[PDB]
Amino acid sequence: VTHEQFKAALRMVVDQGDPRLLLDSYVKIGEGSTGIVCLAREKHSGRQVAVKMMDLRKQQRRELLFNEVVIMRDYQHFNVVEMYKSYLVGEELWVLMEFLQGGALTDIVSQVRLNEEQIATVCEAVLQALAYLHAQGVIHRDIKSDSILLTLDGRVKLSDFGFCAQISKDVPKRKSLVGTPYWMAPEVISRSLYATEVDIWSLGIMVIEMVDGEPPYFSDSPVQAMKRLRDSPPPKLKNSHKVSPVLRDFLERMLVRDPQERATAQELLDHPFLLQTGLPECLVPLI
Ligand SMILES: CCN(CC)CCNC(=O)c1c(C)[nH]c(/C=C2\C(=O)Nc3ccc(F)cc32)c1C
């Protein structure tokens with residue numbers, strides 16, 4: 001398929017027109033796997049927006065750009081990023097989304113140590129989003145702290161839908177090597193048939209990010225870390241001695257090699273660890 005044919009197929013999914021003259025105050029706030037994210041402002045309303053800008057020509061797998069629009073188009077939820085509009089702008093896909101002033105969990109975790117109340121609050125929000133998406137047959141495949149954004153008041157929102165898979169009656173499982181190395185489930189790494197369970201493993205690795213500050217094997221190269229995850233018992237918290245038994249139990253139900261024995265999102269929502277959640281306000285001091 002030529003670039004022009006791909007762009008034409010993608011055009012069927014975006015809103016028509018050129019958005020440029022409707023926006024001002026373009027400021028870059030983040031780089032990404034598929035493109036840049038800029039803060040901007042609408043003229044007619046004055047509303048701040050995040051504008052993700054992605055070049056159709058420079059993608060690992062350009063078909064995944066459809067996911068940058070379709071998932072948020074199809075799926076709305078309290079803990080899922082809201083999309084306003086999308087456009088084709090020259091040779092770029094632009095996706096306009098709610099501005100989340102708290103930024104990404106990654107930049108909190110590298111800077112300040114979350115307590116267990118905060119970890120529980122983050123996990124509960126992410127699990128609500130995942131329980132919902134999983135029930136619609138969406139496998140996120142890129143759960144990690146970078147995918148998690150915070151509102152000003154400490155509301156947690158799932159983002160970064162580019163790697164999503166939408167399963168179906170005819171294709172109920174995927175087999176493709178998709179994810180970010182250190183967070184990928186062993187069954188994805190082994191190119192086994194897999195489904196929504198892979199997100200629960202990745203969430204477990206994110207819990208390790210929140211406790212230790214880094215995923216397991218982070219000092220290894222991505223391929224070496226993947227071989228270790230493929231071949232080893234589940235990875236352990238460096239700071240296992242610092243965490244409550246209940247958090248330990250919660251994590252051990254996520255980092256289970258056997259994908260069928262691994263807890264579902266819905267099951268984790270009923271876990272005693274999440275009785276430790278705080279009000280969204282408990283994350284505001286991180287922002
Ligand atoms: C000193 C700078 N700080 C720590 C390094 C904060 C850096 N981070 C920031 O400013 C920041 C802010 C304020 N928002 C975002 C990202 C998004 C947003 O708002 N809506 C979205 C919708 C989708 C999406 F995929 C990303 C975003 C970042 C990276």
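All residue numbers in this chain count up from 1 along the given sequence. Hydrogens, waters and symmetry mates are skipped; everything else that's a heavy atom, side chains included, is used. Start at 1 and go down the list; that is how both ligands and their atoms are numbered.
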Write down the drug at ligand 1.
sunitinib
Chief macromolecule bound to sunitinib (UniProt)
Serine/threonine-protein kinase PAK 6
Sunitinib: binding-site residues, heavy-atom cut-off 4.0 Å:
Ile29, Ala50, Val81, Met97, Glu98, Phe99, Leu100, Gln101, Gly103, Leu149, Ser159, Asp160
Under 3.5 Å: N/O of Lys52 near N/O of sunitinib
no
Mind looking up which residues in chain A UniProt says bind ATP, and which of those have a heavy atom under 4.0 Å from sunitinib?
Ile29
Could you check atom 4 (C) of sunitinib against the protein and tell me its nearest heavy-atom contact, residue, atom and distance included?
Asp107 CB, 4.2 Å
In chain A, which UniProt domain contributes the largest share of residues contacting sunitinib?
Protein kinase
Under 4.0 Å from atom 15 (C) of sunitinib, can you find at least one protein heavy atom?
yes
What protein heavy atom sits nearest atom 11 (C) of sunitinib, and how far away is it?
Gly103 CA, 3.8 Å
Could you tell me whether atom 1 (C) of sunitinib has at least one protein heavy atom nearer than 4.0 Å?
no
Quick one: look up the protein heavy atom nearest atom 26 (C) of sunitinib and list residue, atom name and how far away it is.
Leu149 CD1, 3.5 Å
Quick one: nearest UniProt active-site residue of chain A to sunitinib, and how far in heavy-atom terms (to 1 Å)?
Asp142, 10 Å
Quick one: look up the protein heavy atom nearest atom 28 (C) of sunitinib and list residue, atom name and how far away it is.
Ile29 O, 3.9 Å
Within the protein, is there a heavy atom lying under 4.0 Å from atom 19 (O) of sunitinib?
yes
How close does the nearest protein non-hydrogen atom get to atom 25 (F) of sunitinib, and which residue and atom is it?
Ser159 OG, 3.0 Å
